[PDB]
Structure formats: C-alpha cells, structure tokens
Amino acid sequence: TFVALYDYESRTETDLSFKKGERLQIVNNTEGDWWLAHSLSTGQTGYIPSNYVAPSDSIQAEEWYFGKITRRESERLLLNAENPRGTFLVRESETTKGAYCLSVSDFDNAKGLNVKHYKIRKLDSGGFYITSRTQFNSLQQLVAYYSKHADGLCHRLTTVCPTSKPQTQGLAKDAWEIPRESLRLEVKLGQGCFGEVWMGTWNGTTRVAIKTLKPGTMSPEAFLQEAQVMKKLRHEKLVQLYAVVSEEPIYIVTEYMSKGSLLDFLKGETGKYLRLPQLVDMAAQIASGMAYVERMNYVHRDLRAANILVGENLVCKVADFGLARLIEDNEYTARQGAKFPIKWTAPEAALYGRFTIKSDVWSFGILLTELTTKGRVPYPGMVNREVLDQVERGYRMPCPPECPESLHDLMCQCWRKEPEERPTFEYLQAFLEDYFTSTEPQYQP
Ligand SMILES: CN1CCN(CCOc2cc(OC3CCOCC3)c3c(Nc4c(Cl)ccc5c4OCO5)ncnc3c2)CC1
C-alpha cells in the first residue's frame, strides 16, 4: 500500500478524493505525475497526484520527514506564528551526505522565537544518534523518544511542523491545452495594456488565476511553442503554469497566489511593520527563483515587484515568465512606449535588444529599491523618456532613505555598465540569505 501525505479534493470525474493517512493501492503507475489508485478504505478508484503519497512504512510516509529541504526553508516553516515550542521536522543534512537533521522551534525570553538544529548521525554499525549517550535503530524511534523527553534538546518534540499541500503536476492527468469553457472567471485582479488577470475556477472545482491576452497581442503558434518551455520550469519560487487556451483570446492558467503582488503588499497597512530582515528574506526568495532561471539558461525579461507574488508564510514567487519576448506591439519590441518598463531595463537591452540573465540582474537591483522603499517608483524625478539617456551616462539611483549603504552597494553591483561584471543570481541568493551573520553554531554539541 501507499499512504496519503495530505488530503486531496477531487477536481474531475476520473480523479480520486482522499484524506491524509488513507491507505491507497497504486494500481497503475505506468506514468509519472498522476497515478491510478484504489482506496482500501472506500473501494473507490481514480487518478491521484503521485507526490501526495508514499510507500507505507517508508521514511517518506512519516509526517515529520521533510526529506530534501534547506535549513532556511525549514526555518521559514518552523518560525510560523502559530507553532508551539517543540514543533519539529526531520530533513536531510546539507553539510553531511547520509546524515539528517532534527530542526525544532523554541522560545527564549531574550531571543524570542528561534529554531535549533541537531545533526543526526549514523553509527556505521548503523545506529542513529544526536548525542553518543542515546542511540536508535531508526529515525522513527528517535522521534518517538524525544517526543516523550527533551533530554539534551531545547524542548520535547510536541508538534509536527505544518506545511502547505504540494503543487500537483498540472490540474489533472493530461490536462494542458484546455477548453475555454472549463473556466469560470469570478474576480478581476488586474488590467494592463495587453490583457487582464482574473481569479476563477477550472472544471467547477479548482481555484486558479487566469490571465487573458487581447487578440493581436501575439501569435498563438509562437505562444504555444513558448508555453512548452514555460511548462518545463518547476521551482518552489516560480509560480506554476497549469494550462493554456492557445487560440485568441489566449488564456494563461496558473497557481493562484493568496496575498497578491509584492508591490501592493509593500504599500499601506500590509507593509507598515515590514522590517529589513523580512525584506531581505523576500529578496533572497526572489533571487532563488531567478537562480533557477539562471541554472536553466533562461531569461525573465520583465522582473519587477509587480511580477512577484506573495503567498502564505511570506512566500515570494516569480510570475509572468515567458510572455515579454512574445509581445508583438511595435513600440514594445523597440523598447519604448508607455507599455514598456524602461525603469527596470538594463541599458544594453533597451538600446540593443540584448535581454540576458545579466539584464535580469539589473532589474533585480531595481527591484531591491522597490523593496527598501515600500514600493516607491524607481527614478522618482524622471519620466520614462529621460531615464535611459541618464543611465547611459552613468546615473544610478542614490542610496534610498533609511536603506543601509551595504545593500545599496549590492544594487550598484547589479547596475554595472558591463553586464558580465554584474553578480550571479547564485551569488545574490547566498549574499542575501547570509546578510545577517550570526556568530552562532549551525548545529550543537
Ligand atoms: C485586494 N486583494 C485582491 C485579491 N488578491 C489576492 C490575489 O491577488 C492576485 C493577483 C494577481 O495578479 C495581480 C498582479 C499585479 O496586478 C494586479 C493583479 C495574481 C496573479 N497574476 C498573474 C501574473 Cl502577475 C502573471 C501571469 C498570470 C497571473 O495570473 C495567472 O497568469 N497570479 C496569480 N495569483 C494572483 C493573485 C489580494 C489583494
């Protein structure tokens, strides 16, 4: 049997609903993303997302086993407001292959909410331990023991760390080019010069975001070819493309992001108590999504805070990738006109049409100024039509008010004249993740 790691609500007539813990037989796995299953509980059958289950009695079956997750992402989850002391998970060690880590929430009246991390090593004779004093035959035995007594841990293990349900791969088995009629538009989220964004529902059952493009914006044929590329991009910090309607008017169907654009989140009451550590953390997430783009040898072309979306736990994801290259508007193609974001655009890209990952790095630097200013527009003195002239003769925005110079200096590296001397997104992600350096020990005794 397999076991469900999460609840799943049926979206179609041929999928299978199930609850966390339900025992499922996989009865056809000659596939990848959607498997045919059989509830051993209800006797109903139907397709399921394979990432929602694990082999019974596998380590992946344990709800506290988070597998391959970075300590930073495990910290984001554990530091959640609603987590008791001793909320925990087990993950793989990043510094020692073959080792694991118990990460545990704590509260200190000096330090507040914090996370402690204990390296679990295996004793070659094959036993698992955090201290040599106390050793176990399995990880599950270890968690059982420390669920009853703290011993040398900051706190007894009380509560399995909660997480959000994974993204399935697609809306449904073989759903990709979908019929227009499968979508209900409900709430208008936005309108730009090329189309609109709506919250809506797919197949009567599934919350999605839907972007429409005005007819004549781009060829459906070029759109469909690019969409195949967009479809291969899977990353925790990139908004997932679910499906497309590829005849005019085109629809782009994606993951719905509950808190909306970063740009609006930064403004007004939502942003009022946002402090530098949080703003830097959001920048590191964005940088991480773009490091994936970079690793994949791809290019965004329209990076800016309005194209970053915010979810639960202050998760930030890069949106809108793939489209800008397709826009057929003559002005936009020539990097001019009221539709084109000259203020985020590297000068070699505006002048020569050289869009690269280094021009995205330029845009990321501009995004940093939006983050450290509660979203004020870049180059406040200037109109679009003066910006390029000025930047070509070496103008750059000064240090924003209240922004520390060391972060301004990072922006300035992003705005180097020579595109190839600009930092990598790999570099930017590390710099930002480690920006606030603790002396403190990564692990413990
Ligand atoms: C006042 N509340 C209204 C609801 N909102 C909850 C979710 O808000 C969004 C907004 C989106 O787009 C906004 C981006 C900036 O301009 C206004 C609309 C979402 C979005 N956009 C999107 C983009 Cl940027 C690019 C391609 C797309 C998209 O949809 C699918 O195809 N995508 C997903 N979820 C969105 C949620 C909170 C505030």
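The residue numbers of chain A are those assigned by the PDB entry, with the residues present covering 85-529 sequentially. What's counted below: heavy atoms across the whole structure, side chains too, no hydrogens, waters or symmetry copies. Determined via X-ray crystallography, 2.2 Å. Each ligand, and each atom within it, is numbered from 1 in the order the structure gives.
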Ligand 1: drug name = saracatinib
Quick check: main partner chain of saracatinib (ligand 1), as named in UniProt?
-> Proto-oncogene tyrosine-protein kinase Src
Polar-atom distance check: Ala293 versus saracatinib (ligand 1), any N or O pair below 3.5 Å?
-> no
For chain A, which residue flagged by UniProt as active site has the shortest heavy-atom distance to saracatinib (ligand 1), and what is that distance to 1 Å?
-> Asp386, 8 Å
Which UniProt domain dominates the contacts that chain A makes with saracatinib (ligand 1)?
-> Protein kinase
Between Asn391, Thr338, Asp404, which one has a non-hydrogen atom sitting closest to atom 30 (C) of saracatinib (ligand 1)?
-> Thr338
Quick one: does atom 3 (C) of saracatinib (ligand 1) have a protein heavy atom under 4.0 Å from it?
-> no
Could you tell me whether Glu339 approaches saracatinib (ligand 1) through its side chain, its backbone, both or neither, with non-hydrogen atoms closer than 4.0 Å?
-> backbone
Closest protein heavy atom to atom 27 (C) of saracatinib (ligand 1), given as residue, atom name and distance to 0.1 Å | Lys295 CB, 3.8 Å
Among all protein heavy atoms, pick out the one at the shortest distance from atom 7 (C) of saracatinib (ligand 1); state its residue, atom name and that distance to 0.1 Å.
-> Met341 O, 3.1 Å
For atom 25 (C) of saracatinib (ligand 1), is the nearest protein heavy atom under 4.0 Å away?
-> yes
Proximal atoms of saracatinib (ligand 1) relative to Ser342 (non-hydrogen, under 4.0 Å) = 6 (C), 7 (C), 37 (C)
Tell me which one of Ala390, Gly274, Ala403, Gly395 gets a heavy atom nearest to atom 15 (C) of saracatinib (ligand 1).
-> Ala390
Given that the side chain starts at C-beta and the backbone is N, CA, C, O, which of these parts of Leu393 lies under 4.0 Å from saracatinib (ligand 1), counting heavy atoms, or is it both or neither?
-> side chain
Under a 4.0 Å heavy-atom limit, does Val281 contact saracatinib (ligand 1) with its side chain, its backbone, both, or neither?
-> side chain
Chain A: UniProt ATP binders within 4.0 Å of saracatinib (ligand 1) (heavy atoms) | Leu273, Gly274, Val281, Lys295
Protein non-hydrogen atom found under 4.0 Å from atom 38 (C) of saracatinib (ligand 1) | no
Nearest non-hydrogen protein atom, atom 11 (C) of saracatinib (ligand 1) = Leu273 CD1, 3.9 Å
What atoms of saracatinib (ligand 1) come within less than 4.0 Å of a heavy atom belonging to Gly344?
-> 7 (C), 8 (O), 9 (C)
What is the residue list for the binding site of saracatinib (ligand 1), using non-hydrogen contacts under 4.0 Å?
-> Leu273, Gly274, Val281, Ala293, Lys295, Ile336, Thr338, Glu339, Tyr340, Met341, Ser342, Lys343, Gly344, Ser345, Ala390, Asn391, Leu393, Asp404
Note down each nitrogen or oxygen pair, saracatinib (ligand 1) side and protein side, whose separation is under 3.5 Å; give only atom names and the distance to 0.1 Å.
from	atom 1	to	atom 2	distance (Å)
saracatinib (ligand 1)	34 (N)	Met341	N	3.0

